[PDB]
Each structure stands twice: as C-alpha cells, then as structure tokens.
Trainee: 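The following block contains the structure, expressed as structure tokens.
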Amino acid sequence: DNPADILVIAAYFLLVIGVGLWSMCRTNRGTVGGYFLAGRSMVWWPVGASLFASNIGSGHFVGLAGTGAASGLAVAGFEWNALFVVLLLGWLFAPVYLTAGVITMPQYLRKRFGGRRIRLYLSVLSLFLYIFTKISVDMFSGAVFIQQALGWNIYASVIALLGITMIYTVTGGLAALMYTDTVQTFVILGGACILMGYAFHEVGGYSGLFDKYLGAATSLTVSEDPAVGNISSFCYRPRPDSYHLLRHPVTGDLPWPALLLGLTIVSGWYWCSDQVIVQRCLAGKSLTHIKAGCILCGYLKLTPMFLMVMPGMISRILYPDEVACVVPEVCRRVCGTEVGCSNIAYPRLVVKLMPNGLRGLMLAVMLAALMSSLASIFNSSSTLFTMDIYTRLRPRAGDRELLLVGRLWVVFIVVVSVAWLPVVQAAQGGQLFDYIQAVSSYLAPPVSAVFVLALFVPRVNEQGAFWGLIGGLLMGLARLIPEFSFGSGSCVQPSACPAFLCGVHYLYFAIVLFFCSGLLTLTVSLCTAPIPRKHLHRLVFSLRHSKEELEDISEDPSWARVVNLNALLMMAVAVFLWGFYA
Amino acid sequence: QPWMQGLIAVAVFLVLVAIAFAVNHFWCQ
Ligand SMILES: CCOc1ccc(Cc2cc([C@@H]3O[C@H](CO)[C@@H](O)[C@H](O)[C@H]3O)ccc2Cl)cc1
Ligand SMILES: *[C@@H]1O[C@H](CO)[C@@H](O)[C@H](O)[C@H]1NC(C)=O
Ligand code: NA
C-alpha cells in the first residue's frame, strides 16, 4: 500500500515484459525447434541462470527456511547435492542427449531401447510427477507467502498468479523464458541477499545465529487439551545436531548416508533424467556452453544455505513463540495449522524486517521464484505432451499445429493445477516438503536407474528397461500408498504408522528402490534377446567417438580446458563447504 | 574446528581426482 512497493513490483514486471519483447524480436517462435528448444542457440549464462531459476521456486524460500527453523541446517543437503549432480548432467548426460538429437527425455529412451511403450510411460509418469512434486510445492509455498505477508485470498491470488504465468509461458517459448530467467535469477539472488543481510543484522551477525539458535525454544509447551498435556522436550527444544549437515545414520532426521547416496539418486532423476532441467541443456548452443552453464548453476546452488536455510534459523531465534510453536492451540492461533508454524519463518522475516520500499522487492523475489519455476514446468510439460503423446495421436501434424497444441496444453495444465490447489492445501504445515521429497524418493529412482543403465550398460534392452520401470513403480507405490493412508501427524501428535514402512527414511528407500529397479532391469535384459540397436550407439556414453552407425559434440580444446578446471574448482569449493558444516 | 574439516574434505577430494587421472591415464590408453 506504500507507493514504493507498487513501483518495485511494476519495475520488475517492466523488466520481465522488456526481456520477453527483446527475445520475441530476436528469436523465431514459428518452428518446433525455436519454441521448444530456443533454436539450440542458448549460451552458458542463460543456460546456468535458467537451470537455477527453473529449480528455485517459492518452495525453496518457504520450505528450506521453514525446515531451517524446525531442524537446523542439513536441508542445505537438498540444494548442495545438486552441485555434484549438475556436473553429471554437463559431463555425462548432456553429451549423450546432444549426440542423440532428442527434444525430450522419453524420446531419448525411444532412441536407446526402441519400443513405442517406454516413451509413452515416461511421458505420462513425468506429467504426474510435475503435478505432484513440482506444481504442488510452488502453489503451496506461494499460498503460505500470500497468507502471511499480504493476507489476500489464497484462491484468487493463486488463480491470478497461474494466469499471469500461463500468459508469460504461452506468449514466448523456451527462448523468452531462459533470457527472462537471467533477470529472475538476478532479482531472486539480490532481494534474497538484502533480506539475508537484514536477518543477520537482527541476530547480531553470523556468530549471533550459531550462539542463539540451540537456545531458541518457545515458552508455551503446555496444552489445554488432555492426552496432549506437557509437550515432550524433544518436540520444542532445537535438535542438538542442528549445526551439522552430516547427521546420525539411524536417528538423524536426514541421515548422512541417506543424504549423500539417496539424494544423489533422486537428484540424478531431477537434474540428469528429467525434462524440466534437461530442456535448458537441449537448448544449449554447444556442449561447452552447457558445461559452463552447469558450473554457473552449481555456484548459485551453493547460495540457498545462506539466503534461505540460515534466514529460517534466524526466524526461529527472533520469533521462537510463533515460528517454534508446539502447543496445538497456539499454532492454530499463529498460522492456522495445528501441526506447526515453521512455514511462516521466511514470510515472517519479510513482514517484520523489511522497510517500506524493500517489502515490494521481497514480493518481486517470491513472484520471480514462483513464475520462473511454474513457467519452466508448464513449458516442459507442453514439450513432453506435444512431442511424445500428441505425435502418437497425430504423426503428420506439422510445426504450426504442434505449437497450437503446445500453447493449449499450458492452458490445460494451469486448469489441472487450479483444480489441484485444494488437495495440496490439505497438506498441513511443513509436512508437504517431506511429502514431495517422499514422492520423489518413491517414483524417481526407477527412472534414475534406467537412465544410468541406458547410458553406461549397452546390453540393457527394451524389455529390461520397461519392466524395470514398472516393477520399480510397483515397489514405489507399495511404500507410497501405505504411507499416505496412515498420514504423517507431527512430533506432538505422532502418526500411527508401523516403523517397517515410515520407520526407514524415504532417501534410504530411494537407494533400495534404485538398486532393485536396476537389478530387475539388468536381470530381465540378460534373460531376453540382445537387440543390436541399429548399430549406432551415439545413444550411450563412451570416450571412443561417442557414436557408431550438427551432431558433433567436439568443443575448442582451450574452452574445454577452461570449463574442465572450473568444474574441479567448483567441486573443491563444494567439498570444502560440505567439510565445514559436516 | 570447521576450517580444518573443510580442508581435510578438500585434501581427500584432490587425492580422489589425482586417483581418477591415474586410473584413466594407465587403464584407458
Ligand atoms: C527435508 C524436507 O524439507 C525440504 C526439502 C527440500 C526443500 C527445498 C526443495 C528442493 C527441491 C529439489 O529436490 C531435488 C531432489 O528431490 C534436488 O535434486 C534439487 O536440488 C532440489 O532443489 C525441490 C523442492 C524443494 Cl521445496 C525444502 C524442504
Ligand atoms: C507438567 O510438569 C509439571 C512439572 O514440571 C507438573 O507439575 C504438571 O503436573 C505437568 N502437567 C501435566 C499435564 O502432565
Ligand atoms: Na524459479
């Protein structure tokens, strides 16, 4: 309501309109190549910024700060894992997808194994994963930030946000989104940095976070409800391993072997096997631009710890009676949610710390984060649907009808997401961030397992890859459905789940499901006919000519040398930071 | 001390990258 907020939001919209118009003036959007792969003309800095901005949504501010507040700094693991896995994308996966000439990752599996059915299955599974794990987290976190910061109707505002991101997605294509994602990356990091600075000032520096956070307990630990009573000291006191990334392998909330192996498997899917991230690399101009873009993305993926997780922890120190509430009736008064108020952590800092002008910048940050992620998911889902499913229904389609169908899918997936909003709003507190990582850990590892065996074991055939995926889905669902039946509850009100389902961490299940999908893929492969695949195997990883029988992934040796040394430097910095906070 | 945990992690990583260059130099050529 202060003019300065409306001017900052208007200036942000003018930047987004302006970079969109410059991209539409520059690029061709009349062809499938142009609209869905940005002409394969994207240099390193939009690749990197777009990888970053398609990944960081409103969920990363709400979820990571909230989990920061609840549980300390090991959720940085979620972000920091990405660093190493984006080097797998640029050096292992992206070369193979460039030499295969794929528009989609289901098409790569069409090329590698050859049936009609793996491509259809992986398209449809991806489309469901985007609704369950990607749209849900964005819509949920948007609605938390609006409820808490603005106070507006959380239906009308999410309809309105979805409608502007629909227009923003359909009006340009992947080329406008990737250039606009350089501006969205700038706004996100810059506003997030200014709020991090105000937050760290309020607790009295970096030292202030680490000497006040283990003390940061609420004074309201006794419920008026009988059979809740005096709340346990485990449920309101901050965890004694709060300052440690690497937590106990059995009793850790995020066990270190689950963090390292289990997230590598799930991140593998997310970064290396999944249309949303990989479409930005498929739009790379060169392999060396994809590799440089991958390093930019890894450096930016270090930034979430300091911009989101540590502000969340500062939110627990400054507002311990509101952010670290445990009494079910106090948490209903604070944030509407009986199970906790950890999700207010980030929006509380914005409300309570930002002046008249910079509140508007923090609305622009959350808008930028939410629009970039939703636009990426809508465009990628459009590509997946158009190219995979609609060319099953209409093979002699042509590049004018396929763009119409691409833009109409964005309208349909917006409508599905509006109809999905009440179901996601039924997730109560910071449970949803666990649900989305649990879903990803139950559904993604079969897909990670097939892409690894698609790229590194040329004997894996179609029967193995398909029945690996389906067996994997069956094993996934055998956990998922039992779990979602029993609920989650909370530390105060435990769920009544057996400890032979929910007892094992979902990132440990991700490990088991990966090796079991993989073992079944190899077993069924070895017990069927070896399919010489044309004889071309530019669909596989090798050092020796990456091929067999434009599509030439040879880069300049000087620029090769540069990105190869910056990847090792970027890993060394990562491993230092893993060492530092372990 | 955090700084020393960081350095020991980096040290071990530079040993593993030296091992990677050793194994591919003698076993791919
Ligand atoms: C412990 C539960 O609490 C959490 C956990 C994770 C988050 C952040 C977050 C991370 C991912 C991405 O997750 C991928 C793996 O699923 C990573 O490969 C990627 O690097 C992340 O970017 C997606 C959505 C969200 Cl909200 C917040 C709270
Ligand atoms: C809570 O603990 C106090 C002692 O610390 C005791 O007097 C009281 O009875 C307890 N209340 C309940 C509901 O168990
Ligand atoms: Na985003």
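Going down the sequence lines, the chains are called A, B, C, and so on. Residues displayed in chain A correspond, in order, to the PDB entry positions 21-569, 640-672. The numbers used for chain B are those of the PDB entry, and the residues that appear cover 28-56, in sequence. Counting convention: from 1, in listed order, for ligands and their atoms alike.
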Trainee: At ligand 1 in this PDB structure, which drug or drug candidate is present?
Mentor: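 You're looking at dapagliflozin.
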Trainee: Just trying to sort out this structure - which chain has the greatest number of contacts to dapagliflozin, name per UniProt?
Mentor: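 By most contacts, it's Sodium/glucose cotransporter 2.
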Trainee: Give the letters of all other chains that come under 4.0 Å from dapagliflozin at a heavy atom.
Mentor: A
Trainee: State which residues lie within 4.0 Å of dapagliflozin, judged on heavy atoms.
Mentor: A/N75, A/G79, A/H80, A/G83, A/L84, A/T87, A/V95, A/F98, A/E99, A/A102, A/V157, A/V286, A/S287, A/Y290, A/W291, A/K321, A/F453, A/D454, A/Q457, A/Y526
Trainee: Of the protein's non-hydrogen atoms, which lies at the shortest distance from atom 21 (C) of dapagliflozin, and what is that distance?
Mentor: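 It is A/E99 OE2, 3.5 Å.
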Trainee: Relative to the heavy atoms of A/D454, which atoms of dapagliflozin are at a distance of less than 4.0 Å?
Mentor: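 Answer for dapagliflozin: 2 (C).
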Trainee: Closer than 4.0 Å to some heavy atom of A/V157 - which atoms of dapagliflozin meet that?
Mentor: 26 (Cl)
Trainee: For dapagliflozin, which is the ligand I care about here, please tell me if A/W291 has any N or O atom under 3.5 Å from one of the ligand's N or O atoms.
Mentor: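 Yes, since at least one N or O of A/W291 sits under 3.5 Å from an N or O of dapagliflozin.
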Trainee: Can you find an N or O of A/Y290 that's nearer than 3.5 Å to an N or O of dapagliflozin?
Mentor: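 For dapagliflozin, there is no N or O atom that lies under 3.5 Å from one belonging to A/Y290.
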Trainee: Look at atom 26 (Cl) of dapagliflozin and say which protein heavy atom is nearest, naming residue and atom and giving the distance to 0.1 Å.
Mentor: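 Nearest protein contact, heavy atoms only, for atom 26 (Cl) of dapagliflozin is A/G79 O, 3.3 Å.
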Trainee: In the protein, what heavy atom is nearest to atom 3 (O) of dapagliflozin, and what distance, to one decimal place, separates them?
Mentor: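 Among all protein heavy atoms, the one nearest atom 3 (O) of dapagliflozin is A/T87 OG1, 3.4 Å.
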Trainee: Taking 4.0 angstrom as the limit and counting only heavy atoms of A/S287, give me the atoms of dapagliflozin inside it, by number and element.
Mentor: 17 (C), 18 (O)
Trainee: So, is A/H80 polar-close to dapagliflozin, with some N/O to N/O distance under 3.5 Å?
Mentor: yes
Trainee: Among all protein non-hydrogen atoms, which one is nearest to atom 7 (C) of dapagliflozin, and what is the separation to 0.1 Å?
Mentor: A/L84 CD2, 3.7 Å
Trainee: How close does the nearest protein non-hydrogen atom get to atom 4 (C) of dapagliflozin, and which residue and atom is it?
Mentor: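 Among all protein heavy atoms, the one nearest atom 4 (C) of dapagliflozin is A/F453 CB, 3.8 Å.
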Trainee: With heavy atoms of A/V286 as the reference, note each atom of dapagliflozin found under 4.0 Å away.
Mentor: 15 (C), 16 (O)
Trainee: Under 3.5 Å between any N/O of A/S460 and any N/O of dapagliflozin: does that happen in this structure?
Mentor: no
Trainee: Mark up the atoms of dapagliflozin that fall under 4.0 Å of a heavy atom belonging to A/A102, in ascending order.
Mentor: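 Taking each heavy atom of A/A102 in turn, dapagliflozin has 20 (O) under 4.0 Å.
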Trainee: Give the atom numbers and elements of dapagliflozin that come within less than 4.0 Å of a heavy atom of A/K321.
Mentor: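 Contacts of dapagliflozin toward A/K321, numbered from 1: 20 (O), 22 (O).
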Trainee: When you measure from atom 13 (O) of dapagliflozin to every protein heavy atom, which one gives the shortest distance, and what is it?
Mentor: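 Among all protein heavy atoms, the one nearest atom 13 (O) of dapagliflozin is A/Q457 NE2, 3.4 Å.
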Trainee: List the transmembrane segments of chain A, numbered from the N terminus as in UniProt, that have a heavy atom under 4.0 Å from dapagliflozin.
Mentor: 2, 3, 4, 7, 8, 11, 13
